[PDB]
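Since the structure comes first, as structure tokens, the remarks are kept for the end.
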Protein chains: 2
Amino acid sequence: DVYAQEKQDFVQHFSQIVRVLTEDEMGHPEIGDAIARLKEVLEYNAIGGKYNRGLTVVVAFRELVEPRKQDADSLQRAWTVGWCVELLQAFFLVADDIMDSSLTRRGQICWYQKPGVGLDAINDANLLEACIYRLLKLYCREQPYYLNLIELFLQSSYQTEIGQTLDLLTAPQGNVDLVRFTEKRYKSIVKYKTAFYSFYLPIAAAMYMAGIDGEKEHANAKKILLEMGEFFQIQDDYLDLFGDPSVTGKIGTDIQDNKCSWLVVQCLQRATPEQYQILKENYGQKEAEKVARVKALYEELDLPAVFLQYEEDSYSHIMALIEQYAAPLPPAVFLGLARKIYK
Amino acid sequence: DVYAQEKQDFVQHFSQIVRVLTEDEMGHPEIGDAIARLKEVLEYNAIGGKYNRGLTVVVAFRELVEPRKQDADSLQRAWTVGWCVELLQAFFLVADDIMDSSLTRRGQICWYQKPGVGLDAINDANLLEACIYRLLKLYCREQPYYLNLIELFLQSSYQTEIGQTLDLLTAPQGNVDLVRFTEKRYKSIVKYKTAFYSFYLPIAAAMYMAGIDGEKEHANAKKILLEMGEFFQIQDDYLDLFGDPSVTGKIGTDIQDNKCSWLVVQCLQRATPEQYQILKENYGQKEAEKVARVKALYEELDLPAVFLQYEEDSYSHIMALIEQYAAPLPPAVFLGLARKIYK
Ligand SMILES: O=P(O)(O)C(O)(Cn1ccnc1)P(=O)(O)O
Ligand SMILES: O=P(O)(O)C(O)(Cn1ccnc1)P(=O)(O)O
Ligand SMILES: [Zn+2]
Ligand SMILES: [Zn+2]
Ligand SMILES: [Zn+2]
Ligand SMILES: [Zn+2]
Ligand SMILES: [Zn+2]
Ligand SMILES: [Zn+2]
């Protein structure tokens, strides 16, 4: 709702983002071809998603900053920082798709799978990251929260990369051991690989723009946001297998990639010794028939019902956390976010 | 000389860099496996080179900062920033080796070619980059030049990535057109992909630590340093084919990769129509025999003599630039650097 009434404004300002990231180098004709490539990278990879993470920055900003302080300049900066969060995302996702050997994202073929792109997409990804800091300097350098934002974005990237490292270490290709796939290990992975950048980052950014820089306030917001992020990633794992491809926009690879998925973790907690063997002999392999066998095992253990039940309980737990930790922040800030990810 | 008498101190402090990048997360046991991987990545990729770029930060710092200001804390920060420059390098080189499909670097197999690593090396690279900003905050946050350094390192990364984009765009695999390989195009590529981070970055960092933040001083230093960087990359292209592998530490790939090399550019300027055809039909292809044919064409046009002559003239041109632009900085600063890269 508040998102949907912020969305189209947010999307419309992507053109100025691309304009300014392209004309920032007008005085340097010799890099024209690189700048054109950057434009193409932006348009293929930063556009086409739902922009929920970036919109969260905008929504939270309007709810945290007093209206008489929300001038045209301040709003412009708010949706610039929103787009920076979308760029960070794009940076990680382009690399993630290479490393997960994925095929599609946002209903199109992954950038690196495009003929002519391939592993050059690695440098494309790094450029998207650099754009974040080009925008922060262009729009926010003179602001009191400038350094806070730079550090928030750098820290969030480090955390996410630690998370990705845990994700990849725990999922060695060609090497199946289910013993690694524990609940404790799972929660650590998704905290770092998803929860920080998808949920803490956007709200924290808006907070700093609102002059809310207190360690206590950020720790309290973080209590709620990291838990939401844990649920969001469990939902991402569920949908990787049971989601509707025309809705998700991407083909799942967790089983083939031998991932420490929430699904496989719950399977391990429930499987008989016989079922364990079936999982062991079919998981982490590229063969369609072996993947289908894993999915059948999941459905036979009613993991879809287990997920639906977990989602209800997670929702309740998170609402409890909001009651406890939202103050002094407007509860609407966390509620709007909760509404976006729960049904 | 001044490098060699700074070197072993510099190298010895890598252990503290690795210590502090590993114990910075003592309070977070759950990421132990990621931190161990980071250590392994650091030790395989930041160690084993000559450290000239990092040593330049240290050397320049000692020459720019008054001795009575060079306390134990300030020196420690100087070789921390030196190591940050080495980490930036490692970040770019790990990715560069994937994208150039290289085999060896620093006398060992490329990180990504190691069994068990592969394209996970992409995330490894990003972690090395993040380490830069972790160190800057840990050691320099309270310093007046803190933000100047953060921005210098981010800007240098952006420039280098623009350069890499130009390098890759100009070298489409399977698509040979020699018409793209001009002198004008070449100079632009190496300015951005090498000159900024290898020569401006280190000196600029030391300058900012010395409180030298003037736009005029940096532009003058940059006049000298970008020209040195252009020569250094031409030398890198020369050695890719005519260098001694046990000295260079890496196998060349420029011809196979269809690169806009200084060699191919000079060849194009000199080749008869018949030789042009020979180049056209053998360049940018993986076949050893076709590569050998290109090398023979280069030697037949005495490109090695052309390089040796160019190196002498470049040296003289750069010394002229130092006479003109070094002041108010100690000329030794640029001379020591020139001495390292010329013979
Ligand atoms: O399941 P992943 O963690 O790989 C994913 O959720 C991406 N991601 C990467 C880091 N955090 C999330 P995606 O399913 O979009 O490919
Ligand atoms: O020749 P490249 O530019 O690929 C190289 O010099 C690396 N590099 C990358 C950007 N600047 C320099 P290397 O020969 O070390 O592989
Ligand atoms: Zn993925
Ligand atoms: Zn992934
Ligand atoms: Zn997923
Ligand atoms: Zn290379
Ligand atoms: Zn290269
Ligand atoms: Zn080279």
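Each chain gets a letter, A, B and so on, in the order its sequence line appears, and its residues count up from 1. Technique stated in the header: X-ray crystallography, 2.1 Å. Both ligands and their constituent atoms are indexed starting at 1 by order of listing. All values below come from the heavy atoms of this structure, side chains included, with hydrogens, waters and symmetry mates left out.
- The macromolecule with the greatest number of heavy-atom pairs within 4.5 Å of ligand 2 is, in UniProt, named Farnesyl pyrophosphate synthase.
- Of the listed dichlorophen, nitroglycerin, zoledronic acid, proguanil, the one present at ligand 2 is zoledronic acid.
- Contact chains for zoledronic acid (ligand 2) (heavy atom under 4.0 Å, other chains only): B.
- Residues with a heavy atom within 4.0 Å of zoledronic acid (ligand 2): B/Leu93, B/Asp96, B/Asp100, B/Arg105, B/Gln164, B/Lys193, B/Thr194, B/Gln233, B/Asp236, B/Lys250.
- Here's the thing with B/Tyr197: none of its N/O atoms is less than 3.5 angstrom from an N/O atom of zoledronic acid (ligand 2).
- Taking UniProt's list of dimethylallyl diphosphate-binding residues in chain B, a heavy atom lies under 4.0 Å from zoledronic acid (ligand 2) for B/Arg105, B/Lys193, B/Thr194, B/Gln233, B/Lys250.
- The entry names the source of chain B as Homo sapiens.
- Between B/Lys193 and zoledronic acid (ligand 2), a contact under 3.5 Å exists for at least one N or O pair.
- For zoledronic acid (ligand 2), the polar-atom distance check finds no N/O of B/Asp254 at less than 3.5 Å from any of the ligand's N/O atoms.
- In terms of polar-atom proximity, defined here as any N/O pair under 3.5 Å, B/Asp100 does make such a contact with zoledronic acid (ligand 2).
- Taking only nitrogen or oxygen atoms, main chain and side chain alike, B/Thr160 does not reach within less than 3.5 Å of zoledronic acid (ligand 2).
- Restricting to residues UniProt lists as binding Mg(2+) in chain B, the heavy-atom distances under 4.0 Å from zoledronic acid (ligand 2) involve B/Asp96, B/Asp100.
- Remark: zoledronic acid (ligand 2) and B/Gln164 share no N or O pair separated by less than 3.5 Å (distance only, no angle test).
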